[PDB]
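Looking at a structure with SAR650984 today.
Chains get letters A, B, ... in whatever order the sequence lines come in. Note that chain A is numbered according to the PDB entry, with residues 1-134, 141-222 shown in order. What you see of chain B is 48-287, where the numbers are those given in the PDB entry. The numbers used for chain C are those of the PDB entry, and the residues that appear cover 1-213, in sequence. Only this structure's heavy atoms are used, side chains among them; waters, hydrogens and symmetry mates stay out. Header lists the method as X-ray crystallography, 1.5 Å.
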Amino acid sequence: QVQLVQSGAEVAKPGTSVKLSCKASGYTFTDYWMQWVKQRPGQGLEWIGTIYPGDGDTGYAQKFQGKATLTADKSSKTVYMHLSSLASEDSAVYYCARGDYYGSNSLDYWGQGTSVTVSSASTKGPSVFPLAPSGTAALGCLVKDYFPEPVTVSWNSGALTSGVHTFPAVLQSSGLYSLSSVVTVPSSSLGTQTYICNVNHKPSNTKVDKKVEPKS
Amino acid sequence: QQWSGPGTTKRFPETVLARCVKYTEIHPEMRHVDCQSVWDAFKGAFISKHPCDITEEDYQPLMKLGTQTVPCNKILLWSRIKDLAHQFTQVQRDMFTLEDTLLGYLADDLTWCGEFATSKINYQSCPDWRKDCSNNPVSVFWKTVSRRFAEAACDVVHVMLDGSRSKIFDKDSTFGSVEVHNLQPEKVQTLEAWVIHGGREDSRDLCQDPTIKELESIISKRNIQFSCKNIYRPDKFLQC
Amino acid sequence: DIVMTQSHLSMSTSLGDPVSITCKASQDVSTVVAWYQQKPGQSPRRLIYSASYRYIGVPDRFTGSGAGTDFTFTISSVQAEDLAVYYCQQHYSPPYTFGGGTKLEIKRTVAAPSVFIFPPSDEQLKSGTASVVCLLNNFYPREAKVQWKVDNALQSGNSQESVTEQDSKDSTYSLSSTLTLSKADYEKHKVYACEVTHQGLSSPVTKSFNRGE
């Protein structure tokens, strides 16, 4: 079974470096080009560069020359990508993928990706604010100013899912993230149904349960 | 210094380069290949090296070149029956033996070696794999290049075997020591052997030979199914 | 570098209908073009390579064609699991450049959004900030225009939008537009309005409130 397993999510301050890893199993490591691909949040794929672990030869797209350095450790069957002088534009998911030698170096097996976030921001849990309901009503929770991603949100400890929409996070000018989670419910239900949004931000160990009530 | 096997093929450098140029001419999807770089990497693997100290690492600068498209289900493996295997792919153009790929095509039917202290191509003699040393330029090239071609095979992997041999399946051949062990059960459903009745008339069901049952057993322990077919008439097989 | 251009960023289709996605190369790439499918939160998956080759087990409803500078990827009968982003790539010569991607979404009847506006909570205002949220719920198509107006004046540069993926069950989208202000900037105006334009609306819908009531 060919598998490419990448290292965990990284958070880095600007100007620092990071070294990402891609561990290969299930095939002769030395005999295939390993290629790397960048995907900025909400953007397309961009080819970064490649290494042939058998002899250590490398090559990079112009955009990434001087930014990316690839190396390979034959003993551990691991390829590493070193990213230098980090800036906000380097925040992305980085994939390693194998070139199929008998597929003209198209990418046959892919790692699961490593998220890299570059920011001057420090770990911070969200502030959760109610979006009060005021025959269909809408209500929600605004999950503001957290870092880094991700946050998860459920309603009524997972008992409420019908009509729930949790929006993707938006990067703020502060480098912090924010999102809202909303629910549409019958307006006749507002006096007899409790609505609680449960927010979990694993990076700061912040868990918040917010009861969302109609405003007085 | 002196070896038991024949020396490097006459005009080997020109032959390797012309073959690369011809192969990339026939296959336009390969015109991106730099044939000077191919010859330089091939030459670099064995020149100025002791021809009994050659390793897979020496061939890696050549191994990285020549990426191409060979459908996994169109691979034909073979052992000791080179002529029939290549006539078959000359007829069924969609199928490939290793010698129908660029790297295999470059080295097919050639011999080469160098000397440790000099940049000379040893044209007088080259190590015999059985008499002198197993880690020689020619044997290490085939063993290294073959493993990746075997790793590629999928679904029903076909192998042509010489039924006129004392050992139809040889456990110590490139197929038996390298290719069989690199067939991946997650991708390979069956290994189908075609036992060729090349020489004398042999009405026997050669798929019952002890070496075939040995091959069946080795492939079984690797969780792959085994199938065997007799090719009683090879001359008529090509027309069919 | 060779530039790969996928001219359609998005294509709308129906289950069981065929779809074709085109890709153009800036230079000859022979027949060496691949097509990858990617779903949210997943790695891309190779479907076609070397313009028309398809690995064993990849469904035959996916086909590729083309040579030189023009390539096509076709799904002969769109299935639910095929709604994804498709990227072409040339793997002829490094850098092995990708096209910009084409998102394939499903067509459904027009559905006007239900629009809701939420003033900042007193809890948020006590913390020093003010976010005004405008929600567009369960609409189709994805195209929508949301304009903020404060004390008559059209706003620009102080709002951000976020949109859900197309709902697998009802084929709709939802969107939030959030006007983010400091408490001081919020408290210098009275009327907060969100104006929504969408195919399903005969004229724009405005949802507004007066600060503090």
TODO: Please list the parts of the model that make up SAR650984.
DONE: chains A and C
TODO: Please provide the name that UniProt uses for the chief contact partner of SAR650984 (chains A and C).
DONE: ADP-ribosyl cyclase/cyclic ADP-ribose hydrolase 1
Task: Top of B/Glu198, B/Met110, B/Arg195 for chain A (SAR650984) proximity - count of heavy-atom pairs under 4.5 angstrom - done: B/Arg195
Task: Most contacts with chain A (SAR650984), counted as non-hydrogen pairs under 4.5 angstrom, among B/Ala199, B/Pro118, B/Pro108 - done: B/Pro108
TODO: Heavy-atom distances under 4.5 Å only: say whether B/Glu233 touches chain A (SAR650984) with side chain, backbone, both or neither.
DONE: side chain
Task: Contact class of B/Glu103 relative to chain A (SAR650984), heavy atoms under 4.5 angstrom - done: side chain
Open item on the list: Less than 4.5 Å to any heavy atom of chain A (SAR650984): does that hold for the side chain of B/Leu150, its backbone, both, or neither?
Closed with: side chain
TODO: Please state whether the side chain, the backbone, both or neither of A/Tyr27 comes within less than 4.5 Å of a heavy atom of chain B.
DONE: both
Open item on the list: Heavy-atom pairs under 4.5 Å with chain A (SAR650984) - which of B/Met77, B/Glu76, B/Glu104, B/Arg194 has more of them than the others?
Closed with: B/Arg194
Open item on the list: Okay, heavy-atom pairs under 4.5 Å with chain B - which chain of SAR650984 (chains A and C) has the most?
Closed with: chain A
TODO: Heavy-atom distances under 4.5 Å only: say whether B/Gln115 touches chain A (SAR650984) with side chain, backbone, both or neither.
DONE: both
Task: Side chain / backbone / both / neither for B/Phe143 at chain A (SAR650984), heavy atoms under 4.5 Å - done: neither
Task: Residues of chain B within 4.5 Å of SAR650984 (chains A and C) (heavy atoms) - done: B/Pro75, B/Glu76, B/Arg78, B/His79, B/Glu103, B/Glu104, B/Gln107, B/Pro108, B/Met110, B/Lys111, B/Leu112, B/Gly113, B/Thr114, B/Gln115, B/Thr116, B/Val117, B/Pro118, B/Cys119, B/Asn120, B/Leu145, B/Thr148, B/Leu150, B/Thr191, B/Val192, B/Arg194, B/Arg195, B/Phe196, B/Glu198, B/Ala199, B/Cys201, B/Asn229, B/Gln231, B/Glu233, B/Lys234
Open item on the list: Mind listing the residues of SAR650984 (chains A and C) that sit within 4.5 Å of chain B? Just heavy atoms.
Closed with: A/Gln1, A/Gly26, A/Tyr27, A/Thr28, A/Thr30, A/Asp31, A/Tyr32, A/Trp33, A/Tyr52, A/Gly54, A/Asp55, A/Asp57, A/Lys74, A/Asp100, A/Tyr101, A/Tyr102, A/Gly103, A/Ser104, A/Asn105, C/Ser30, C/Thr31, C/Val32, C/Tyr49, C/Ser50, C/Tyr53, C/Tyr55, C/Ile56, C/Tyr92
